[PDB]
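Caption: PDB structure containing FTC-TP.
Within every chain, numbering begins at 1; the chains are lettered A, B, ... in the order of the sequence lines, protein sequences first and strands thereafter. Note that ligands are numbered from 1 as they come in the structure, with each ligand's atoms numbered from 1 the same way. The deposited model was determined using X-ray crystallography, 2.2 Å. In what follows, every heavy atom counts, from backbone to side chain, and hydrogens, waters and symmetry copies are set aside.
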Amino acid sequence: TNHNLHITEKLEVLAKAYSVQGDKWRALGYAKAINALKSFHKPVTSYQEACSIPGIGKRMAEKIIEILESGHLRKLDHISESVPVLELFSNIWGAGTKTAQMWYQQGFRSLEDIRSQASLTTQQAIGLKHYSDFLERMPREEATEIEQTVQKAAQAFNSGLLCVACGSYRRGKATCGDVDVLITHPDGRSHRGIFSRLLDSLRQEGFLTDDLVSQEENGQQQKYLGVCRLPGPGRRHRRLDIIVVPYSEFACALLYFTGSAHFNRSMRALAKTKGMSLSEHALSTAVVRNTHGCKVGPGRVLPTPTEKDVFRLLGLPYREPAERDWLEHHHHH
DNA sequence: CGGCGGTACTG
DNA sequence: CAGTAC
DNA sequence: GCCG
Ligand SMILES: Nc1nc(=O)n([C@@H]2CS[C@H](COP(=O)(O)OP(=O)(O)OP(=O)(O)O)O2)cc1F
Ligand SMILES: [Ca+2]
Ligand SMILES: [Ca+2]
Ligand SMILES: [Ca+2]
Ligand SMILES: [Ca+2]
Ligand SMILES: [Ca+2]
Ligand SMILES: [Ca+2]
Ligand SMILES: [Ca+2]
């Protein structure tokens, strides 16, 4: 299936390195190049053939060929030494490249330097203490019980609540980095005020152990990012994301929350090429205009009762969640 | 060359 | 606003 | 990094 496996691995390493150093557009370019190589019907055999692939240009071709001809890749040996520390610190939830760079510049190089001397935000403290647990992907079966726990707690308040696990789970993966639960109610109204009760119920049984992003001052709270742990001996703490949306938003919210991230970006960039805007709330025939410039013209939602509607309105055929790794990847079936 | 998804918290 | 996240 |  992947005919250029030897080449992708090396480019990933390189990609990773730009990512932790904060060079994101460059990291973006690599990611796309890499998926394109993985998609290709055959080993790449010439520079020309490589350049012909969308997402692969001159610099990437040079490296691709260099690998194929000479077998390894020079540049992997000039990767700055800070990189693995930087990846280490960016693996703390709530710490990104800026924080990892600050930490590096004040001399920390291990998790101990962080624990014992770093200034940590509230979120980082939690990410640090669950560092290992949050690094481990969970099996699909743990995700199912996490989701059921949320669904039962919800359906105890209102049995008409719809709860669905999205993310990699809904794309059919075997393991999940974190569970993503989307809650709605078909009557258009009774999704309102749910979070207060749902979080309280989930806390009482001891299932939620820490909160990361949860603005509970707001009765119209839309999201919860926190930490759960299933009951029973030896269970790990897992990342849990819950969104509560109005039914009219369901299709767009389902699409967003199913992902993948690259898939959603490409869908969104497509919508904009066609004078629309795609968000987790809606698809909108929205457009700019600002007296010698551009701006906000919030341009009215197109109703999309299902995900198929969103695909149709963008000129695309429905894509099964399992085939939503990348938009530009066409699986046959 | 400039743009690269669109949005929600936290501090 | 900057940082980080989804 | 690549693309229009
Ligand atoms: N940057 C992102 N934009 C997105 O639109 N998403 C969307 C919203 S949540 C949905 C799933 O993303 P996750 O980050 O939980 O990633 P995942 O479920 O695909 O994979 P994993 O098993 O959780 O590692 O994708 C995620 C992003 F990280
Ligand atoms: Ca190309
Ligand atoms: Ca991080
Ligand atoms: Ca369910
Ligand atoms: Ca996930
Ligand atoms: Ca998630
Ligand atoms: Ca809070
Ligand atoms: Ca440039």
Where to find FTC-TP: ligand 1
Chain with most contacts to FTC-TP (name per the PDB entry): DNA polymerase lambda
Chain letters near FTC-TP (heavy atom < 4.0 Å): A, B, C
Close approach of A:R137 to FTC-TP, heavy atoms, under 4.0 angstrom: yes
UniProt dCTP-binding residues of chain A, heavy atom under 4.0 Å from FTC-TP: A:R137, A:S168, A:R171, A:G177, A:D178, A:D180, A:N264
Other ligands and ions under 4.0 Å from FTC-TP: ligand 5 (calcium ion), ligand 6 (calcium ion)
A:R171 heavy atom under 4.0 Å from FTC-TP: yes
Geometric N/O contact A:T175 with FTC-TP, under 3.5 angstrom: no
Nearest UniProt active-site residue of chain A to FTC-TP (heavy-atom distance, 1 Å): A:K63, 25 Å
FTC-TP near UniProt Mn(2+)-binding residues in chain A (heavy-atom cut-off 4.0 Å): A:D178, A:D180
Element-labelled atoms of FTC-TP that are located less than 4.0 Å from some non-hydrogen atom of A:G177: 21 (P), 22 (O), 23 (O), 24 (O)
Numbered atoms of FTC-TP (with element) below 4.0 Å of A:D180, judged on heavy atoms: 15 (O), 18 (O)
Numbered atoms of FTC-TP (with element) below 4.0 Å of A:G259, judged on heavy atoms: 25 (O)
Contact residues, FTC-TP, heavy atoms 4.0 Å: A:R137, A:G167, A:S168, A:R171, A:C176, A:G177, A:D178, A:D180, A:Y256, A:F257, A:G259, A:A261, A:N264, B:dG5, C:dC6
